[PDB]
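Drug bound: REGN10987. Macromolecule: Spike protein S1.
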Amino acid sequence: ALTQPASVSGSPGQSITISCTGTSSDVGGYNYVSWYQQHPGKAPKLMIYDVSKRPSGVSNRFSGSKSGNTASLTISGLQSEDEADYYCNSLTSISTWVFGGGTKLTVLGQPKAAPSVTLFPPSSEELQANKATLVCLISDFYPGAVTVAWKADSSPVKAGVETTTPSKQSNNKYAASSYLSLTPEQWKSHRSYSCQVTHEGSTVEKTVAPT
Amino acid sequence: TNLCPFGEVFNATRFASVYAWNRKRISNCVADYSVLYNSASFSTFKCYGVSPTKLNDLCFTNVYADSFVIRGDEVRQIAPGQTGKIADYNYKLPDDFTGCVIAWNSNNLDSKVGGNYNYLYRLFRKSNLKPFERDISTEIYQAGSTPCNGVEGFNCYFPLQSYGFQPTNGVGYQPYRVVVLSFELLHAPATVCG
Amino acid sequence: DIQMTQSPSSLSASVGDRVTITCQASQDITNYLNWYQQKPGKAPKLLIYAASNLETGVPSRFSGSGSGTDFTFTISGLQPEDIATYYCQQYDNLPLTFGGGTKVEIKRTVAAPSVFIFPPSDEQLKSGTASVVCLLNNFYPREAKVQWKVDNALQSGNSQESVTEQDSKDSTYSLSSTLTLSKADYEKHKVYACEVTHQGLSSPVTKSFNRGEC
Amino acid sequence: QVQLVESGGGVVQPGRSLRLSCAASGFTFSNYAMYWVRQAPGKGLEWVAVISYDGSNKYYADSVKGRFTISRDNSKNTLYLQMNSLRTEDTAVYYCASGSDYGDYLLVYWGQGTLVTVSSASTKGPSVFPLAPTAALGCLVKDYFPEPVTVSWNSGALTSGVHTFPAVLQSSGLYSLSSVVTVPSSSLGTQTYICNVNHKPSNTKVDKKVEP
Amino acid sequence: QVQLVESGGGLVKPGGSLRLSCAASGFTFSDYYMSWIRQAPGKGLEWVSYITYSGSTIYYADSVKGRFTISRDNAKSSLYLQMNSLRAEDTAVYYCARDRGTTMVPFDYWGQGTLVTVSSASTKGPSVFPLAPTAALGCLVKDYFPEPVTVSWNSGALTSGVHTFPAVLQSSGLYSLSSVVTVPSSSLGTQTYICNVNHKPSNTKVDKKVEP
Ligand SMILES: *[C@@H]1O[C@H](CO)[C@@H](O[C@@H]2O[C@H](CO)[C@@H](O[C@@H]3O[C@H](CO[C@H]4O[C@H](CO)[C@@H](O)[C@H](O)[C@@H]4O)[C@@H](O)[C@H](O)[C@@H]3O)[C@H](O)[C@H]2NC(C)=O)[C@H](O)[C@H]1NC(C)=O
């Protein structure tokens, strides 16, 4: 695989550069550049091929280049719609094929959003089947930063946690779920279980008690 | 008072191999060669007898158009008094050549992964090729003593072989299209001008 | 399947001599034969193709002819570097085959055999065996006799001769007669001598030594 | 018009085989190569294989080499895949590549793509339970298989405050999804909330009445 | 300039298999026939195989049929050969021969060749012993296998007055050669010398001084 930045961000109207680095045998030996843009869940679209060449239809604002064993793509005048992934590609004269990697771009227009966290005691029907999965539901946070850390009475707990990668929700924020796997003897013997989340350093406390 | 259909010639979507090189007689135009000359999209542009700028503002009576696919390393063979595979057995410009030759990279159009088995070039022959001599014959030449009987075998297979054209090749090992111009003068009035 | 016959199987002559090799076919082959040259160790090289044509870059001193079934190849004047085996092969029918082989030496008047003797290396003595060698360098002709003598006792049956190919400048021969033994009996014996009885010699000369002295 | 339509596929078991295809129209199918690109869920892309323009030459990714076969047909303009010796890692959505003109090995037209998963998990119907404590409610669609199950509150009546969370695959093999409603405590008891769960691979209707 | 470099080789068990190659240069490799000729140690030549330009027609020798195969590759400009069910008597130096080239001339510059053996004892390396006394010098290599072994004096610093004897077979089953060098004793104690052994089947490069 090649080298790509795992993330990148900027302000609307700025100009950003993204790195696509490989070895010398493939990208450094041929003018065989190829860049792409892929909206979430849609089909990719060709943007740049072999130096800076653009398929008929894409605007001239896109621009890319390559140096040594490094390929570079430069955007001018960031916009909200251009906030999407980007992929690079080139030839593989060792009789194979290879792609660049992953690079998520996020043009930040709003500063930050605080999460909306919800906690529920396990359903009465779940406990009857010797099951107690404490579930804490999180929503409305931005950017994509949320980790789960369940809080017992007086000791931290992370046993059998289902940690999630933040997914952008509809209102230009993110949202997530949780599932805590402790034994029923852990669920009832505690005084009050608390749900503690971390989003961009922000924490909102929600506690549950056995009723 | 119409232009020469250079669009369908150069920008054609299909080309014939060199031994079966195609020909299109063209005449009776108003000609602007500068659109190609200054296009600067051609990796090579030479010819002999008249300079491009001086020929653009000049009248001529008859011109032909021919085209095929060769290899980059052998592009130099398209010149008077050259030698090699193509010069000997596939195409040989006369010494007093008065046409024009153009060639550009077409690795983006004609090459194909795995090797393009379409275009061909003649390999052996009993003699040299005359000027503009086309030889479509796939007749099995017999340099032995036993009868040939058409089948391909121990003596002198087809004088026809296909390039590889893998895209992963070097510069000279990739196909460069070519269009050979021909400029001649006769007693007929000049039908093409600018 | 068609058999080919080279003739003769051996040949010797001095410088400036003219020699001729002959090739006779089994069935009719008009003008389809080649002539090769294989210097020892190296790879062969075409000399004359179609039994009539001169390869470019080969000295014009080679030439042959023949047609139909009987074919001949001639050499105008030998040279101290034209010493190599020669080969011919059919050129028409599906199962190609080559000749049989023919060597071409160079004949000289005579050369006196220079003699040497070499003691075994001490590290080989540490290994536990004795491989003594008697050198005869830069002599002629190739035939010669070498005889060992240890403590006035003739030794034969455990010898081993290795002869080099003839030279290209002076066209001489050289033999390295090696008498390999164990160090035990080699220490049991003290005096060693290899004796040569060559034609060019007038008397049997013998280089010797004494173990432990040198 | 220049378009591409993939054949289709679905869930399969490991070690088995499966065939995929791709429909073409609007261009000379007989004059271009074909490729196939796969993308893991929420990750990068990966080349799979190539096929020459005339069914002559073949290539394979070092991971798939020995498990796949490609085949085309200039008559029906129909390209064929055959994934053999199915592995669960190969689970991805596979894209039918162009081989477009003005180009070479590179890829342009990029038909939509068929999602195909490989997992020997127990297909279990959705069992729903309430999520009861700006107070919120919810329904618990836990331990189901496969993905996905669609939810709807009051059959298209509640929309303000609906989010989809990452219900990442539990290593046991069954997912667990839910639905949320963020509503002030003043209107919790007035109106009712019903979670219309529809597991369309099983076509079941399961409901529950959550109340704080 | 026109050359023909051959691939590797070495020991092969009886009935085993091996792949040979023949890289090319200086000529359009797609315009010439190919053929393979073998020569046992100190015997006559022998035709084995013959392949046309496109792998369309194939010929073998009646003694090798059913066991040999040829191939071509117009891209890599490199001829191949794979031999299976090896007989012991196949041990020879298989060359790399073109045929009936573009002009007309047959069997042109066909080149060096690679040894191929059929035996199974070991792949051990040599040991050296010096020899010291108008005298001469030399170093002795002994009990090595398999052939060949090239030797240079002072990394080929000396070119005249040097001799190498062609090795023979020892009764144990190994080879052993010898090399001597002569010089006037004027510079006996002044200059020093080392012979450079190179046993490619084991790469055991050893050197050794020679002084009384
Ligand atoms: C063979 O096909 C070619 C492709 O159609 C023909 O080339 C077209 O010929 C026209 C004749 O004038 C050229 O014309 C001008 O090009 C400029 C530059 O366009 C570029 O700049 C714009 C921004 O202004 C950018 O968006 C484009 O992507 C280009 O980078 C235009 O501004 C003019 O309005 C005018 O169109 C074309 O450039 C040329 N096409 C190409 C791809 O170069 C060619 O003439 C044909 N040959 C024959 C003999 O018919």
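Below, read A as the first sequence line, B as the second, and so on, with proteins coming before strands; counting in each chain starts at 1. When the header is checked for method, it gives electron microscopy, 3.9 Å. Side chains are part of it too, since the values below use all heavy atoms of this structure and drop only hydrogens, waters and symmetry mates.
Within this structure, REGN10987 can be identified as chains A and D.
In contact with REGN10987 at heavy-atom distances under 4.5 Å, by letter: B. Of all UniProt domains in chain B, the one holding most residues touching REGN10987 is BetaCoV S1-CTD. Per the entry, the source species of chain B is Severe acute respiratory syndrome coronavirus 2. In terms of heavy-atom pairs under 4.5 Å with chain B, the chain of REGN10987 that comes first is chain D. The PDB entry gives chain A the name REGN10987 antibody Fab fragment light chain.
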